[PDB]
Amino acid sequence: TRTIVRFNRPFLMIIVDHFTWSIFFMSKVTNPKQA
Amino acid sequence: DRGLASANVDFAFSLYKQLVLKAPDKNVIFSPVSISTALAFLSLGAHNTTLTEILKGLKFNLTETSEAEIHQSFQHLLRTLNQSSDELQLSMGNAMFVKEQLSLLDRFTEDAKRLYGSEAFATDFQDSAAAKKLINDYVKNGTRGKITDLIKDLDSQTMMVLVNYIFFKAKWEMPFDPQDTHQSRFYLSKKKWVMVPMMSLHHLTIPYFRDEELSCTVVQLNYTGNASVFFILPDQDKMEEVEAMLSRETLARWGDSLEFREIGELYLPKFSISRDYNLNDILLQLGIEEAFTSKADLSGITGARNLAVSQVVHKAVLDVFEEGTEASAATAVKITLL
Ligand SMILES: C[C@]12CC[C@H]3[C@@H](CCC4=CC(=O)CC[C@@]43C)[C@@H]1CC[C@@H]2O
């Protein structure tokens, strides 16, 4: 029973710097094709 | 550094919550560190209530830190972010565009160059189209063409614009193979989807945490270098519940709870999103009020109480693809006579 991680619904992204602990970017993807 | 991280992360999530509140159905993409730096830059010139509202809005605990501590911390952050690196492209710049006739305290211009790396460009805002193009070209150059139209409108009576940009281009530690990318469903809701290029990786061992209390799964994907992404995948219809728990404390718990796990398959869309924001209402909800009013105190800039913020704007772009990630953003603070 392997694990599967499937980002096929709204998800969050937090792009971070391990050096400074800065959050460079934060995102919610509700629709990758949203106008 | 320790207290700067904590304040900047608190600010990031507070900002996030207000953006979602303002537009609950929309993609979100922004750079917290860009906005924090642009407003810290602004606070260099603020006094009294205008000043403390900004520093407290940025989530700094003033019983534990001082103004000088904060600016020196941002100076050090900028130096660290702009260090040369062969692994990852990362840069942040600051600039100020001033009407030539405006008289500036030498202390302000010196501290701006020294602490925030800002030059002072003479700008004739009365020729608004040219002034607009110059600022937008500065941002376009800094973001390698990614942020093209940060300034949409520019009043002719503008006295000063403070600008921050950030540019980010990184390679995945474990990149996706484009031959494994196939059109697949992305569910906007339980019954509605769109078709997207779904990238995939197989048999990868990465930090992982199933958060049963919050009904979400957390994984960390690394870039080459010191950067990585926390991906948070709420169960179907649990996004708003996860969003309500977004905080420094929760991110710390997630970070301490990651354990390496073998993943059979990871599926991630290839996508590009962009958003631009008028942050005026957001910053007011966060307690930054006087800088916008006739009672604004920006006398650290000129020596007189003759300037007020009109608008703070922000634009960001996020591009995710098989080889890595490109993301950039810019923040502008528009300032008029009072
Ligand atoms: C989670 C993390 C360690 C904990 C950091 C986090 C960045 C945000 C943050 C700032 C703080 O001041 C508390 C700890 C945390 C939560 C770091 C990002 C990479 C690293 O793994």
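The sequence lines are taken in order and lettered A, B, and onward as chains. Chain A residue numbers are taken from the PDB entry; in order, the displayed residues are 366-400. Per the PDB entry, chain B residues shown: 23-360, in order. Keep in mind that the numbers below use all heavy atoms, side chains included, and drop hydrogens, waters and symmetry copies. Remember, it's 1-based here, ligands and their atoms both numbered in the order they're listed.
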A.B. asks: Counting heavy-atom pairs under 4.5 Å, which macromolecule has the most such pairs with ligand 1, as named in the PDB entry?
C.D. replies: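 Most heavy-atom pairs under 4.5 Å are with Alpha-1-antichymotrypsin.
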A.B. asks: Please pick from rolipram, tolmetin, testosterone the compound located at ligand 1.
C.D. replies: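 It's testosterone.
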A.B. asks: Could you give me the letters of the other chains with a heavy atom under 4.0 Å from testosterone? Thanks!
C.D. replies: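 Heavy atoms that close belong to A, B.
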A.B. asks: Just which atoms of testosterone are under 4.0 Å from any heavy atom in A274(B)?
C.D. replies: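 Counting from 1, the qualifying ligand atoms are 16 (C).
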A.B. asks: Nearest to atom 13 (C) of testosterone, what protein heavy atom do you find, and at what distance?
C.D. replies: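 Result for atom 13 (C) of testosterone: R270(B) CD, 3.8 Å.
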A.B. asks: Looking only at protein heavy atoms, which one is nearest to atom 8 (C) of testosterone, and what is the separation?
C.D. replies: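 Checking every protein heavy atom, the shortest distance to atom 8 (C) of testosterone gives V31(B) CG2, 3.5 Å.
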A.B. asks: Can you tell me the name the entry gives chain B?
C.D. replies: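 The entry uses the name Alpha-1-antichymotrypsin.
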A.B. asks: What is the nearest protein non-hydrogen atom to atom 18 (C) of testosterone, stated with its residue, atom name and distance?
C.D. replies: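 So the nearest neighbour among protein heavy atoms is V381(A) CG2, 3.8 Å.
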A.B. asks: For atom 19 (C) of testosterone, which protein heavy atom lies nearest, and how many Å away is it?
C.D. replies: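 Scanning the protein heavy atoms, the shortest distance from atom 19 (C) of testosterone goes to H383(A) ND1, 3.3 Å.
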A.B. asks: Check testosterone against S28(B) and write out every atom of the ligand that is under 4.0 Å from a heavy-atom position of the residue.
C.D. replies: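 Those qualifying, in numeric order: 12 (O).
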A.B. asks: If you measure from atom 6 (C) of testosterone to every heavy atom of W276(B), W386(A), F252(B), which option wins on shortest distance?
C.D. replies: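 Among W276(B), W386(A), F252(B), the closest heavy atom to atom 6 (C) of testosterone comes from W386(A).
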A.B. asks: With a cut-off of 4.0 Å on heavy-atom distances, which residues and nucleotides contact testosterone?
C.D. replies: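 Counting heavy atoms, the site comprises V381(A), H383(A), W386(A), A27(B), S28(B), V31(B), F252(B), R270(B), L273(B), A274(B).
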